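Here the structure is laid out as structure tokens; the discussion comes afterwards.
For chain A, we keep the numbers from the PDB entry: what you see runs 19-49, 123-477, in order. Below, each value reflects all heavy atoms present in this structure, side chains not excepted, and no hydrogens, waters or symmetry copies. Header lists the method as electron microscopy, 2.9 Å. Start at 1 and go down the list; that is how both ligands and their atoms are numbered.
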Amino acid sequence: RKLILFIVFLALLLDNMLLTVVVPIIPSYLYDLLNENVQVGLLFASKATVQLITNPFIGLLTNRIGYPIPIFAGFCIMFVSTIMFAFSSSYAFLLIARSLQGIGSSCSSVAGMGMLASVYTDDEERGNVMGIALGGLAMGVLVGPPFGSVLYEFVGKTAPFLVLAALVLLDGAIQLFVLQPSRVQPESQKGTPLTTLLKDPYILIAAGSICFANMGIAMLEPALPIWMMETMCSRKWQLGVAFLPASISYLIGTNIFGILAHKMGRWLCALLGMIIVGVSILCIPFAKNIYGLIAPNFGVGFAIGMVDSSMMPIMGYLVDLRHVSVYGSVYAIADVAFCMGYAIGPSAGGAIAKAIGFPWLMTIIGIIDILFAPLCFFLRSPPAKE
Ligand SMILES: COc1cc2c(cc1OC)[C@H]1CC(=O)[C@H](CC(C)C)CN1CC2
């Protein structure tokens, strides 16, 4: 059980490190405080809209053949994408590699959380373990951009991707020796169909709380001033620094609240997280400086980690309670909810910021987050099966 948790942690860590190592490199491929960028928006939306599409199939797939094979396929796709990045001399193949990374993320984020849920059947154990696993995502996002900047400038253009490929090969060897995916291992019972789970209001509440928490940051990041050419020409260090606050805060929030959400109550933890997300992004329109975004980014990361640590275990809890205890489809739903913000926001936020304005966009997103929060009260005591 320890080694499965370590494998999931490492998979998410390297996934989100490959996700973000490209940040210092992106400006070289395309060359008010917040202005939306189409070409950055496409880089954000490609992986997310391929992972969202892939997610339901992985939920259905893990029922047929079990979890280890999709996890190993996620590793394979991650390695192939990492190799393709190191030799992508064009923007369109950057998009292609992002789509491949989306497929791999779908695999290793649906089947890894499903295996965590199935291996840790205790509710409190599952909460703690999933908090650690999401801390892995936070660590990957933390490490990515600075590693990319250091190796890109002081070693060479291809060095960060080759080193990351070596790390991914180590991850694959660990998965080979632990999971041994050579044999098809179907689930012990047929899971509840996806259409029936989507008709459950409480799973909808949890998925909505997961989804709306990510909307504001999903619409903020493609609009950051760091993509402007003055950063590439003079201010390069901001490309590495800009994602540190949210990563640190998300890491701390997930680590503490994986433990704390069970004692406090995951409904109350998610409600407070949603309120804090709504309030912290309402403070973004106040910023007239890039340094003004540091505190709202820290608050947003902390509260998003809080919401995730509250809501990821209850996805397994709700199927253990009201449905058949098979975890692939509920985490397909949860990952669809997570990816929907980064899939839609880079386009919808740009259109809305053109229509009414970006400060009003962030204001409305925060207001929506605040208004959604009372719905978490329904998760306090859901009824069981008949
Ligand atoms: C360069 O591309 C991307 C960069 C980034 C993200 C997504 C991207 O592409 C889809 C997300 C990842 C998270 O979940 C992050 C959530 C927590 C770290 C708060 C937010 N940001 C980090 C940077």
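The chain with the most heavy-atom contacts to ligand 1 in this structure is named in the PDB entry as Synaptic vesicular amine transporter.
Found at ligand 1 is the drug tetrabenazine. When the transmembrane segments of chain A are numbered from the N terminus following UniProt, a heavy atom under 4.0 Å from tetrabenazine (ligand 1) turns up in 1, 2, 5, 7, 8, 11. Proximity by heavy atom, under 4.0 Å to tetrabenazine (ligand 1), holds for these of the UniProt serotonin-binding residues in chain A: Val232, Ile308, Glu312, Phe334, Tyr341, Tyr433.
The residues lying within 4.0 Å of tetrabenazine (ligand 1), counted on heavy atoms, are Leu37, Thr38, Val41, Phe135, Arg189, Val232, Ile308, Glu312, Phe334, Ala337, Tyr341, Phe429, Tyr433.
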